[PDB]
2 protein chains.
Amino acid sequence: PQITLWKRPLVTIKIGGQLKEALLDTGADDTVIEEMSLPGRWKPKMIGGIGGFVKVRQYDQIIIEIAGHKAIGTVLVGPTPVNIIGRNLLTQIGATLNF
Amino acid sequence: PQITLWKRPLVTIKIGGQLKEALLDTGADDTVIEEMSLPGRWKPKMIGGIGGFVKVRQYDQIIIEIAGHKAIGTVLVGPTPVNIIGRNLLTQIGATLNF
Ligand SMILES: CC(C)(C)NC(=O)[C@@H]1C[C@@H]2CCCC[C@@H]2CN1C[C@@H](O)[C@H](Cc1ccccc1)NC(=O)[C@H](CC(N)=O)NC(=O)c1ccc2ccccc2n1
Ligand SMILES: [Cl-]
Ligand SMILES: [Cl-]
Ligand code: NA
């Protein structure tokens, strides 16, 4: 698809068998999802957003479908108002910005 | 241009007579620039993201050049660690996300 930006670039993702809404974010280095259960061990990570730094749980090698495109990569879990798909996964689905 | 997402999508902007580097940010509703003076009226605003909220000054009808493309819109000025070009100006330069 070609997605314009007049509204938020929200898509459906599938993770852990469940469907969620998420934002395609070229400004995010990483992918951050609201509290949910994921398999395996996690590692600590501190991420910085516009209002300051927050602690999250880093899960590696997680299967995730993004607007029907399959990816397997790192997902950060923590308190966020919006699920964010960052560049680590945008590059797996072959997304570019064009003007 | 086509911009890949292997790295942060940073471009040069001209704003208020100054050259700056800024992030093309599809996950930002607003354009937020580090502290600088701009002409005309402003009003206070709180904006949020990861980590909470920050107080900014809202300047309306500000011209900006983004990678060579002129646009006008609202610009927020405040203590952001990175200058961000959000959707309000990305639409004006015809930016799309493609995959
Ligand atoms: C997600 C994470 C990996 C932490 N990356 C970032 O957060 C990087 C950090 C960079 C350095 C600090 C300055 C911002 C840039 C770009 N951001 C990405 C950037 O795209 C970020 C992602 C995001 C979206 C929605 C909610 C939270 C977070 N957007 C934002 O921070 C913008 C700022 C704005 N007012 O325009 N927020 C929003 O547009 C926005 C949208 C919906 C909301 C709902 C409730 C509360 C707040 C909400 N904020
Ligand atoms: Cl605007
Ligand atoms: Cl358009
Ligand atoms: Na003005």
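Simply put, chain letters go A, B, ... down the sequence lines. In order, the residues displayed for chain A correspond to 101-199 in the PDB entry numbering, which applies throughout. Throughout, chain B uses the PDB entry numbering, with the displayed residues spanning 1-99 in order. Remember, it's 1-based here, ligands and their atoms both numbered in the order they're listed.
The chain sharing the greatest contact count with ligand 1 is, according to the PDB entry, HIV-1 Protease. As PDB records put it, the drug at ligand 1 is saquinavir.
Chains with a heavy atom under 4.0 Å from saquinavir (ligand 1): A, B. Scanning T80(B), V82(B), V54(B) for the heavy atom closest to atom 11 (C) of saquinavir (ligand 1) points to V82(B). In the deposit, the organism given as the source of chain B is Human immunodeficiency virus type 1. Closest heavy-atom approach to atom 36 (O) of saquinavir (ligand 1) among the candidates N183(A), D30(B), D130(A), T26(B): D30(B). In this structure, atom 15 (C) of saquinavir (ligand 1) lies nearest to the protein heavy atom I84(B) CG2, 4.0 Å. If you check each of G149(A), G148(A), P181(A), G127(A) against atom 26 (C) of saquinavir (ligand 1), the one with the closest non-hydrogen atom is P181(A). Ranking the protein heavy atoms by distance from atom 39 (O) of saquinavir (ligand 1) puts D29(B) N, 3.0 Å first.
Counting atoms of saquinavir (ligand 1) from 1 in the listed order, those under 4.0 Å from a heavy atom of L123(A) are 24 (C). The closest approach between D25(B) and saquinavir (ligand 1) falls below 4.0 Å for a heavy atom of the residue. Annotation: atom 42 (C) of saquinavir (ligand 1) to nearest protein heavy atom, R108(A) NH2, 3.4 Å.
Short contacts between saquinavir (ligand 1) and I47(B), defined as distances under 4.0 Å to a heavy atom of the residue, involve ligand atoms 35 (N). The residues of other chains having a heavy atom under 4.0 Å from saquinavir (ligand 1) are listed as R108(A), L123(A), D125(A), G127(A), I147(A), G148(A), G149(A), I150(A), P181(A), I184(A), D25(B), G27(B), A28(B), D29(B), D30(B), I47(B), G48(B), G49(B), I50(B), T80(B), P81(B), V82(B), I84(B).
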